[PDB]
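Here is a PDB entry that includes epacadostat.
Numbers in chain A come straight from the PDB entry, and the residues shown are 3-125, 127-261, in order. Because only heavy atoms are used, hydrogens play no part in the values below, and waters and symmetry mates are left out as well, while side chains stay in. All ligand and atom numbering here is 1-based and tracks the order in the structure. Per the header of the entry, the method used was X-ray crystallography, 1.1 Å.
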Amino acid sequence: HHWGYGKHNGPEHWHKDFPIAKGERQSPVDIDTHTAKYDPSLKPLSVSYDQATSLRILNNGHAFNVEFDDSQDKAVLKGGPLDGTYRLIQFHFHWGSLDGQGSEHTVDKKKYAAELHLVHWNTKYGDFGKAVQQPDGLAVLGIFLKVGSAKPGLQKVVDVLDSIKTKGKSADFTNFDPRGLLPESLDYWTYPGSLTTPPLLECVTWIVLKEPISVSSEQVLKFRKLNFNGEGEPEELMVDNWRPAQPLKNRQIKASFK
Ligand SMILES: NS(=O)(=O)NCCNc1nonc1/C(=N\O)Nc1ccc(F)c(Br)c1
Ligand SMILES: [Zn+2]
């Protein structure tokens, strides 16, 4: 009986195995745009993905992860609210059963159809496992998805999902360029938070982009054909794999823009 997004093992149950679920810097949160304060001391975000080396795509039973070679500074996030260099390790999405839900973060209570998370770890801690034990161990770049025009840079991901339908399935996924998933603007909100999945560790600097990307209905429909279950088990569609907004508590959300 391990954690998931069902009625019996979903977000409301996670605290029983992971008491930090009720902690002081949990994610996601609602971003109240009028309460977020412009911070002129925040630098522009530096996203350097030109030498990114994707390796594999994996259905892990909760989402699909596109994994990168993080043994050298190849794809890094710097600047913004961050001190030092954060290396890209993987990206994944959260999405809904319907277009009106799916994102984890919300904006004035608005839910987007999905949310892309690019996960980076602080290279002063040597490896990801050590980084997640630190309050500034990770930086996650969050990008909202709305349904409209297709995202050309997403299609290579969409096309391979048939080969990783069920939990535990992986496929080679080389030469994917994550720059094709970014919006025009890198204006962002930032706050200190946590992993949004167990173990819910409070190790993340969240950087959530203001501008959503647009994906087609057909693209998100293919996300919804994935399975939570393993091969040869009863089919449970991988949908609504998002944690709802958590209490902001003693935190301020800062904006990079006016
Ligand atoms: N929505 S979220 O907070 O970004 N979810 C994070 C998903 N997991 C990962 N993302 O990028 N690498 C991940 C990954 N290992 O590298 N899983 C993972 C998750 C928690 C842990 F404590 C350890 Br150790 C590993
Ligand atoms: Zn995530």
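Counting all copies, epacadostat can be found at ligand 1.
Measured by close contacts, the chief partner of epacadostat is listed under UniProt as Carbonic anhydrase 2. The binding-site residues for epacadostat (non-hydrogen atoms, 4.0 Å) are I91, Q92, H94, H96, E106, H119, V121, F131, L198, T199, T200, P202, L204. Protein heavy atom at the shortest distance from atom 20 (C) of epacadostat is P202 CD, 3.4 Å. Ranking the protein heavy atoms by distance from atom 4 (O) of epacadostat puts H94 CE1, 3.2 Å first.
With hydrogens left out, the protein atom closest to atom 9 (C) of epacadostat is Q92 NE2, 3.3 Å, a heavy atom. Within chain A, the UniProt active-site residue with the least non-hydrogen distance to epacadostat, rounded to 1 Å, is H64, 8 Å. In terms of polar-atom proximity, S197 is not counted as a contact of epacadostat, lacking any N or O under 3.5 Å from an N or O of the ligand. Less than 4.0 Å from epacadostat, one finds the following other ligands and ions: ligand 2 (zinc ion). In terms of protein heavy-atom proximity, atom 23 (C) of epacadostat is nearest to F131 CE2, 3.5 Å. With ligand atoms numbered from 1 in the order given, epacadostat contributes 1 (N) to contacts under 4.0 Å with heavy atoms of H96. Nearest to atom 1 (N) of epacadostat among the protein's heavy atoms is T199 OG1, 2.7 Å.
With hydrogens left out, the protein atom closest to atom 5 (N) of epacadostat is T200 OG1, 3.3 Å, a heavy atom.
In chain A, UniProt Zn(2+)-binding residues less than 4.0 Å from epacadostat by heavy-atom distance: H94, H96, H119.
Going by the entry, the organism behind chain A is Homo sapiens.
Heavy-atom proximity to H119, at under 4.0 Å, picks out these atoms of epacadostat: 1 (N), 4 (O). The contact set between epacadostat and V121, taken as ligand atoms under 4.0 Å from a residue heavy atom, comprises 4 (O), 10 (N), 11 (O). Which parts of epacadostat touch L204 is read off a 4.0 Å heavy-atom cut-off, strictly below it: atoms 22 (F).
Counting only heavy atoms, epacadostat sits under 4.0 Å from the following UniProt substrate-binding residues in chain A: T199, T200.
Of the residues of chain A touching epacadostat, most belong to the UniProt domain Alpha-carbonic anhydrase. Ligand-side atoms of epacadostat in range of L198: 3 (O), 20 (C), range being under 4.0 angstrom from any heavy atom.
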